[PDB]
Student: 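Would you mind keeping the following structure in view while I ask a few things?
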Number of protein chains: 2
Amino acid sequence: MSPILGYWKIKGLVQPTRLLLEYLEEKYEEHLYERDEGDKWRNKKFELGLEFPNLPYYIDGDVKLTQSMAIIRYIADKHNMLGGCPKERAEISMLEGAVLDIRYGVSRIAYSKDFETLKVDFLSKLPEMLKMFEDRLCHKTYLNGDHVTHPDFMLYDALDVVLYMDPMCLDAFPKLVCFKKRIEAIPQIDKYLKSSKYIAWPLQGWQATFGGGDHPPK
Amino acid sequence: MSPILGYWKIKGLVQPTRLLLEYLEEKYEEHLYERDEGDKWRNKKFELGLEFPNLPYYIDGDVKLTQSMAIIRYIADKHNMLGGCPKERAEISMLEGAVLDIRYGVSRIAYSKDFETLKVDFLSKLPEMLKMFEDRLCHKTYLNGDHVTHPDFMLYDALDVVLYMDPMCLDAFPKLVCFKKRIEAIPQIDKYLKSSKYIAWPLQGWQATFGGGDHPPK
Ligand SMILES: O=C(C1CCCCC1)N1CC(=O)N2CCc3ccccc3[C@@H]2C1
């Protein structure tokens, strides 16, 4: 039957998996927990059969899985998108972790009261990270060529996210901008983003110092 | 010719890759940068041919690679250790990210002046993370059975590391303790740990609030 994807009803860790499932035109159900609903989760937490209980979880009946990167790589794996030979698979994994750099970087410093003096710091590093993708896309449509791999949706979510921190960070990175529009112009992604299903906010969990609330940026 | 592994001469991100190379009895050379030696790196940084310049890097001549997880998964991949089918590969990736939870968790909070009020926090979560591995090993020799996979050396390094934060954190987790002794009793790991090659400290980069210096714990 339909896979279950469970996470908080935020963007957070699972957003790229959602966009990949949407792109692959795959059926899945979600358990979203809303913010009053910790208790819900803590209960079910250990009755679900996960060996490493966590959120997000992905249950299949081939598979019960709890790490966001194990989940997105599995879905991709199931569709042959993962690699191809050690070299190609390493390519994709290096792209993966090159965008976690950016995205986990937001997250390190969201939740600090010190966010604001932290922010200024992390924005000095951003453009050097960005330039690396911009250079990558200087001759490709997608991160790995003419074909969407899972890290393209990781990068879309990173870009989506760092644009709330500093709406000007992609002036200067015109390929990166077009890449963004390009993902939004895939018709499954277009549909989904118009969907009742699309969770537009928060970026992180509701309590965080940036991306939280049910809000506005910074 | 021999692969090059470049990192700071600390344990840090690359320690599990080193132990895997050692276990697989593979030849590699390292470029270690010492602490006076930022400038060294920044120079070479962009003359090395890495598409995403970073440390650690791994150069092969099939491959120039810069994300620690892309590097260790490649070396493992090259030796067939990675997976086997989408399900098995997801198993290994979930174990991977279940131990980054612990290890990146140290790292989040090393480098803060607030480490000490941060420490107390993170130690409340540790035992719940630990219990998950302890339960996992309750019937296996290694994380995935009777055979070492790359996440076993990830877990060894995590354990090695959280033992400096709280030398008592594994009283209570006797399987975890034996797993540690068990990795140290593999003869390639035994040799290496006795080696001139073994970098015993620092755990993180020299400037960090825990695991830094050329030191003692906490
Ligand atoms: O614990 C982790 C793991 C959890 C398991 C799956 C892998 C990551 N973290 C979570 C986290 O918040 N950060 C802070 C930001 C950051 C930046 C660079 C490198 C690492 C990190 C870590 C990664």
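In what follows, chains carry the letters A, B, and so on, assigned in the order in which the sequence lines appear, proteins first and then strands, with residues in each chain numbered from 1. Read the numbers this way: they start at 1 and go in the same order the structure lists the ligands and their atoms. Scope of the values below: all heavy atoms of this structure, side chains included, with no hydrogens, waters or symmetry mates.
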Student: Just wondering, what drug is modeled at ligand 1?
Tutor: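 It's listed as praziquantel.
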Student: What's the chief binding partner of praziquantel (ligand 1) here? Just the name from UniProt is fine.
Tutor: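 Its main partner is Glutathione S-transferase class-mu 26 kDa isozyme.
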Student: Tell me which other chains have a heavy atom under 4.0 Å from praziquantel (ligand 1).
Tutor: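 Going by non-hydrogen atoms, A, B.
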Student: Considering only non-hydrogen protein atoms, determine which one is nearest to atom 14 (C) of praziquantel (ligand 1) and report residue, atom name and distance to 0.1 Å.
Tutor: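 Of every protein heavy atom, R108(A) CG, 3.0 Å lies nearest to atom 14 (C) of praziquantel (ligand 1).
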Student: Flag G105(A) as yes when one of its N or O atoms lies below 3.5 Å from any N or O atom of praziquantel (ligand 1), and as no otherwise.
Tutor: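 There is no such contact.
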Student: When you measure from atom 17 (C) of praziquantel (ligand 1) to each heavy atom in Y104(A), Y111(A), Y104(B), which option holds the nearest one?
Tutor: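 The option holding the nearest heavy atom is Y104(A).
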Student: Which organism is chain B attributed to in the entry?
Tutor: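 The entry gives Schistosoma japonicum.
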Student: How far is atom 18 (C) of praziquantel (ligand 1) from its nearest protein heavy atom, and which residue and atom is that?
Tutor: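 Looking at atom 18 (C) of praziquantel (ligand 1), the protein heavy atom closest to it is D101(A) OD1, 4.4 Å.
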Student: Which of the UniProt domains in chain B holds the largest share of residues touching praziquantel (ligand 1)?
Tutor: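 By UniProt annotation, GST C-terminal.
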Student: Taking 4.0 Å as the limit for heavy-atom contacts, which would you say applies to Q67(A) with praziquantel (ligand 1): side chain only, backbone only, both, or neither?
Tutor: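 Within the 4.0 Å criterion, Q67(A) contacts praziquantel (ligand 1) through side-chain atoms alone.
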Student: How far is atom 5 (C) of praziquantel (ligand 1) from its nearest protein heavy atom, and which residue and atom name does that atom have?
Tutor: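 For atom 5 (C) of praziquantel (ligand 1), the nearest protein heavy atom is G97(B) O, 2.6 Å.
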Student: Tell me the nearest of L13(B), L100(B), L13(A) to atom 7 (C) of praziquantel (ligand 1), using heavy-atom distances.
Tutor: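 When every heavy atom of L13(B), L100(B), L13(A) is considered, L100(B) comes closest to atom 7 (C) of praziquantel (ligand 1).
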Student: Find all residues with any heavy atom less than 4.0 Å from an atom of praziquantel (ligand 1).
Tutor: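 The binding site of praziquantel (ligand 1) (heavy atoms) is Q67(A), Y104(A), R108(A), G97(B), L100(B), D101(B), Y104(B), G105(B), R108(B).
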